[PDB]
K.L.:
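Working on a deposited model featuring nirmatrelvir (bound form). Questions ahead.
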Protein chains: 2
Amino acid sequence: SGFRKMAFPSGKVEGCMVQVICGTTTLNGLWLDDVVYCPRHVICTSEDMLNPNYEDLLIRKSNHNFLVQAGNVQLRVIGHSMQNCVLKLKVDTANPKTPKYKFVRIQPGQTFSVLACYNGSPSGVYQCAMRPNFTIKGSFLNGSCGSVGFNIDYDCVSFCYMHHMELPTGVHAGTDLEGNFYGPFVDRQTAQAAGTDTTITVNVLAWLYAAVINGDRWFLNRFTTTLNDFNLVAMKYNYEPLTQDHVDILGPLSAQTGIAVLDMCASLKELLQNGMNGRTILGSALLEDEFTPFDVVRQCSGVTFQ
Amino acid sequence: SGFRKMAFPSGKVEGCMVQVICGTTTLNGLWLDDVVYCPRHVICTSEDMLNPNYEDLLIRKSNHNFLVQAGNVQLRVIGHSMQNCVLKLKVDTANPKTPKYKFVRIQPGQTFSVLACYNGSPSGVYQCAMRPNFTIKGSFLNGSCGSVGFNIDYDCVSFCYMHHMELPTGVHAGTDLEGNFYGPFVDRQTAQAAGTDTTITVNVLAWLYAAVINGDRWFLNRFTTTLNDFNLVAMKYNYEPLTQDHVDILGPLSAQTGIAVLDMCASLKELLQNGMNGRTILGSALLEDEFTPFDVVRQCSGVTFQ
Ligand SMILES: *C(=N)[C@H](C[C@@H]1CCNC1=O)NC(=O)[C@@H]1[C@@H]2[C@H](CN1C(=O)[C@@H](NC(=O)C(F)(F)F)C(C)(C)C)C2(C)C
Ligand SMILES: *C(=N)[C@H](C[C@@H]1CCNC1=O)NC(=O)[C@@H]1[C@@H]2[C@H](CN1C(=O)[C@@H](NC(=O)C(F)(F)F)C(C)(C)C)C2(C)C
Ligand SMILES: CCN(CC)CC(=O)Nc1c(C)cccc1C
Ligand SMILES: CCN(CC)CC(=O)Nc1c(C)cccc1C
């Protein structure tokens, strides 16, 4: 029993992290086969970042302007190109630690692990969700850019995020590994703000199932509801609408616990209308929305990885 | 900015996890040099666990009764012994992935990362604190025993916990790597219960400093207090006493923020007497006590590891 915010084991990703230095700017890169991927603003001075023309800045660089450090070994850059907001540095050595991997673009509400790195070295690992407003609530300092987010499937690492920037309220924005930002943000140091965020309803329901699996059952009422009736109430409280796809995704947890999804929706509706009355669920005084249905199954059923 | 419950990167520990099978019982072992460490109840049938005589059960086993699987390779057991609640299996191959390591016994209030494993394979990583009542609030299922807790120091893995059992309320108990339990628990399936837990005051103060570093400052009052006056109030609310050692440990965060430890104690005292008035700190509606002063420094300053 017990339920914690759990990250994937990080070893496969640790083997891919390198340091990328361009002049004086230093950040992290991801070394897969003979390519190192990193944020393009590694080519910027502090002044350039205020209003960069990345195409112009990259013109002015040759392969020799990039230093890649992998442990005690320097890797020679023998080609470079830009793909959206990511720089791809071809190096003279393919990484012998390259895991089976994919590049994926995730949907809002999906979760992933972040290996927070500085100077090519890992600092720590934590779990994040892609928020509906296309930010993540991470923990990142200067030099963290190029840290990646990922999921594991048996032996395959699905990279879904590369870190680029921090927005007001201290939330974070970045790209997929093709360099395309999540959300309407740009890699320029000028005032930008995330839109109003919303609560990921399907994930809250997943976490209520996790609570029931763990014996935290006080919030279960005797009611049911229609999907339409639930959604009008949740829209009031800045919850995302629940779709039939979400209901279908919750099926395995519903069958395990013997609680129909619409019955759990009625329980959630009561929590939204009445509050928690000074009680906790799984040790939290707030409803938690950063566990997906699969996260609950993976953790409560002991799914392992190679 | 941002502040998350962060685990250490797990790769060095992943390289040490193996499967130990004794007859039909299967759990995890820790492979370091030519020794595999695992919980002694691997030698128990389900019936034995109700009231085991481990010395008698181990008599009856030979080296051939233990199978150790490390990836696709089976390791021959060529010796065995018992050290308190841990079994040590000498194998014919030293682990080439053995990191620099130490065995340490931690104090209540200290934190560590857990690599939760099943069948020798990692499932996930999360951060835990040793509670004042010598339990940890983990997430563990059948077959998780032998999963370890650890801290990293540059390149050195300090192993501090091996998982053995779950107690009522769904909290967890285990041993150091010499097999000595934390707390007054025994590895027998009979009714046991943790004593009343308390809140780790020095860690709450560390987390309030983390909040201030992140700009969450609404709870800072204009008062100071003596250490004695603070401790009488906190004792009322089941908080551990704050010692001069704790004050000294908080010094670096106090100096960084320019907030005297006793001033932050006055702020905490007000939160305990008045509550949070429907507000959050670092996104939490409850005061958090599972970040140590070093955890706050490591995360907010970007300390990395080899
Ligand atoms: C990569 N190493 C850093 C990570 C930042 C640093 C502080 N917390 C983080 O996550 N990325 C940056 O410093 C980027 C980078 C220029 C400026 N920047 C920012 O994150 C800034 N944010 C913005 O300008 C805003 F609001 F638009 F997001 C900063 C004020 C430094 C937080 C570039 C090229 C965007
Ligand atoms: C190791 N693989 C498991 C981990 C357990 C399983 C459920 N959650 C966990 O953390 N260890 C055990 O099953 C141990 C083991 C016998 C029984 N046991 C327990 O954890 C039981 N707890 C107790 O008997 C109590 F209350 F004393 F802690 C159980 C009822 C199965 C939760 C031995 C040898 C102690
Ligand atoms: C790059 C796109 N992927 C899609 C799965 C191919 C791949 O990962 N191949 C791969 C395999 C099969 C074993 C070990 C290492 C690698 C890199
Ligand atoms: C076992 C007790 N430790 C105390 C630090 C010795 C140690 O870890 N030695 C070690 C070194 C120095 C480098 C690589 C691997 C190992 C095992």
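Chain letters: A, B, ..., in sequence-line order. Chain A residue numbers are taken from the PDB entry; in order, the displayed residues are 1-306. Chain B residue numbers are taken from the PDB entry; in order, the displayed residues are 1-306. Note: hydrogens, waters and symmetry copies are ignored here, and every other heavy atom, side chains too, is used. Recorded method is X-ray crystallography, 1.6 Å. Atoms within each ligand, like the ligands themselves, are counted from 1 in listed order.
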K.L.:
Enumerate the ligands or chains that make up nirmatrelvir (bound form).
P.N.:
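Check ligands 1 and 2.
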K.L.:
Just wondering - which macromolecule does nirmatrelvir (bound form, ligand 2) hug the most here, in the naming of UniProt?
P.N.:
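The chain with more contacts than any other is 3C-like proteinase nsp5.
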K.L.:
Show which other chains sit less than 4.0 Å from nirmatrelvir (bound form, ligand 2), counting heavy atoms only.
P.N.:
B
K.L.:
For atom 23 (C) of nirmatrelvir (bound form, ligand 2), decide whether some protein heavy-atom distance is shorter than 4.0 Å.
P.N.:
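Under 4.0 Å from atom 23 (C) of nirmatrelvir (bound form, ligand 2), at least one protein heavy atom found.
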K.L.:
Please determine if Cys145(B) has a nitrogen or oxygen closer than 3.5 Å to a nitrogen or oxygen of nirmatrelvir (bound form, ligand 2).
P.N.:
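Min N/O separation from nirmatrelvir (bound form, ligand 2) is below 3.5 Å for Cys145(B).
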K.L.:
Just wondering, where does chain B come from, per the PDB?
P.N.:
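Per the PDB, it's Severe acute respiratory syndrome coronavirus 2.
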K.L.:
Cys44(B) near nirmatrelvir (bound form, ligand 2), heavy-atom distance under 4.0 Å?
P.N.:
no
K.L.:
What UniProt active-site residue in chain B has a heavy atom closest to any heavy atom of nirmatrelvir (bound form, ligand 2), and what is that distance to 1 Å?
P.N.:
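Going by UniProt and heavy atoms, that would be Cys145(B), 2 Å.
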K.L.:
Does nirmatrelvir (bound form, ligand 2) have a heavy atom under 4.0 Å from the side chain of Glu166(B), from its backbone, from both, or from neither?
P.N.:
both
K.L.:
Identify, by atom number and element, the atoms of nirmatrelvir (bound form, ligand 2) in contact range of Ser144(B), meaning under 4.0 Å from any of its heavy atoms.
P.N.:
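So the atoms of nirmatrelvir (bound form, ligand 2) that pass are 2 (N), 4 (C).
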K.L.:
Does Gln189(B), backbone or side chain, put an N or O under 3.5 Å from an N or O of nirmatrelvir (bound form, ligand 2)?
P.N.:
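N/O-N/O distance below 3.5 Å does not exist for this pair.
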K.L.:
Backbone, side chain, both or neither: what part of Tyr54(B) comes under 4.0 angstrom of nirmatrelvir (bound form, ligand 2), heavy atoms only?
P.N.:
side chain
K.L.:
For nirmatrelvir (bound form, ligand 2), which part of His41(B) has a heavy atom less than 4.0 Å away: the side chain, the backbone, both, or neither?
P.N.:
side chain
K.L.:
Are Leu167(B) and nirmatrelvir (bound form, ligand 2) in contact, using a heavy-atom cut-off of under 4.0 Å?
P.N.:
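Right, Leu167(B) reaches nirmatrelvir (bound form, ligand 2).
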K.L.:
What part of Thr190(B), side chain, backbone, both or neither, has a heavy atom within less than 4.0 angstrom of nirmatrelvir (bound form, ligand 2)?
P.N.:
backbone
K.L.:
Return the UniProt domain name for the region of chain B with most contacts to nirmatrelvir (bound form, ligand 2).
P.N.:
Peptidase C30
K.L.:
Please classify the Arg188(B) to nirmatrelvir (bound form, ligand 2) contact at 4.0 Å (heavy-atom distances, strictly less than): side chain, backbone, both or neither.
P.N.:
backbone
K.L.:
How close does the nearest protein non-hydrogen atom get to atom 6 (C) of nirmatrelvir (bound form, ligand 2), and which residue and atom is it?
P.N.:
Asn142(B) OD1, 3.5 Å
K.L.:
May I ask you to list the atoms of nirmatrelvir (bound form, ligand 2) that are less than 4.0 angstrom from any heavy atom of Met49(B)?
P.N.:
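Going through nirmatrelvir (bound form, ligand 2) atom by atom, the ones under 4.0 Å from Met49(B) are 16 (C), 34 (C).
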K.L.:
Is it the side chain (CB and beyond), the backbone, both or neither of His164(B) that lies under 4.0 Å from nirmatrelvir (bound form, ligand 2), heavy atoms counted?
P.N.:
backbone
K.L.:
Could you peek at the entry and say which residue and atom carry a covalent link to nirmatrelvir (bound form, ligand 2)?
P.N.:
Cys145(B) SG
K.L.:
What would you say the binding site of nirmatrelvir (bound form, ligand 2) is, if we count heavy atoms under 4.0 Å?
P.N.:
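Using heavy atoms under 4.0 Å, it comprises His41(B), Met49(B), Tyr54(B), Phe140(B), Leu141(B), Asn142(B), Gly143(B), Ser144(B), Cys145(B), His163(B), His164(B), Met165(B), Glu166(B), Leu167(B), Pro168(B), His172(B), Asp187(B), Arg188(B), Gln189(B), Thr190(B), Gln192(B).
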